[PDB]
Peer 1: 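Notebook entry - examining structure containing aminocaproic acid.
Numbers for residues simply follow the sequence, beginning at 1. For ligands, and for the atoms within them, numbers begin at 1 and follow the listed sequence. Only this structure's heavy atoms are used, side chains among them; waters, hydrogens and symmetry mates stay out.
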Amino acid sequence: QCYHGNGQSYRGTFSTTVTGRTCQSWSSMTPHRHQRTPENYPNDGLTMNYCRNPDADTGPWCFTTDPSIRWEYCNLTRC
Ligand SMILES: NCCCCCC(=O)O
């Protein structure tokens, strides 16, 4: 349930936002269109809709399935 450092190395199966939203899959362009695809970042573990941090943010995050909300941090603690 926890990520180390900045979450850059996190490769867990959590997929829920802090708000309790569900993560959009990185390969998906819906509802939010973006460029952080497993296609463009083949080495950042952009697998299914798992919380990740391909941009060196401060914790694992994801795009959200809430059309209203583009992205949020995931509901995780820092180890
Ligand atoms: N760390 C969250 C980033 C928000 C924008 C991501 C993107 O639009 O590629």
Peer 1: Specify every chain or ligand assigned to aminocaproic acid.
Peer 2: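 You'll find it at ligand 1.
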Peer 1: Under the nomenclature of the PDB entry, which macromolecule has the greatest contact count with aminocaproic acid?
Peer 2: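 With more contacts than any other chain, that's apolipoprotein.
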Peer 1: Could you walk me through which residues contact aminocaproic acid, taking a 4.0 Å heavy-atom cut-off?
Peer 2: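 By heavy-atom distance, those residues are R36, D55, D57, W61, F63, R70, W71.
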Peer 1: Using a 4.0 Å cut-off to any heavy atom of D57, which atoms of aminocaproic acid qualify?
Peer 2: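 So the atoms of aminocaproic acid that pass are 1 (N).
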Peer 1: Which organism is on record in the entry as the source of chain A?
Peer 2: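 Going by the PDB entry, Homo sapiens.
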Peer 1: Specify the protein heavy atom at minimum distance from atom 3 (C) of aminocaproic acid: its residue, its atom name, and the distance to 0.1 Å.
Peer 2: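 Of every protein heavy atom, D55 OD2, 3.8 Å lies nearest to atom 3 (C) of aminocaproic acid.
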Peer 1: What is the UniProt domain of chain A where most residues contacting aminocaproic acid are found?
Peer 2: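 UniProt calls that domain Kringle 15.
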Peer 1: Do me a favour and list the nearest non-hydrogen protein atom to atom 8 (O) of aminocaproic acid with residue, atom name and distance?
Peer 2: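 Ranking protein heavy atoms by distance from atom 8 (O) of aminocaproic acid, first comes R70 NH2, 2.8 Å.
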Peer 1: What protein heavy atom is closest to atom 6 (C) of aminocaproic acid, reported as residue, atom name and distance in Å?
Peer 2: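 Answer, as residue, atom name and distance: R36 NH2, 3.2 Å.
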Peer 1: I'd like a table of the close N/O pairs between aminocaproic acid and the protein (anything under 3.5 Å), one pair per line with both atom names and the distance.
Peer 2:
| from | atom 1 | to | atom 2 | distance (Å) |
| --- | --- | --- | --- | --- |
| aminocaproic acid | 1 (N) | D55 | OD2 | 2.7 |
| aminocaproic acid | 1 (N) | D57 | OD2 | 2.9 |
| aminocaproic acid | 8 (O) | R70 | NE | 3.3 |
| aminocaproic acid | 8 (O) | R70 | NH2 | 2.8 |
| aminocaproic acid | 9 (O) | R36 | NE | 2.6 |
| aminocaproic acid | 9 (O) | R36 | NH2 | 2.7 |

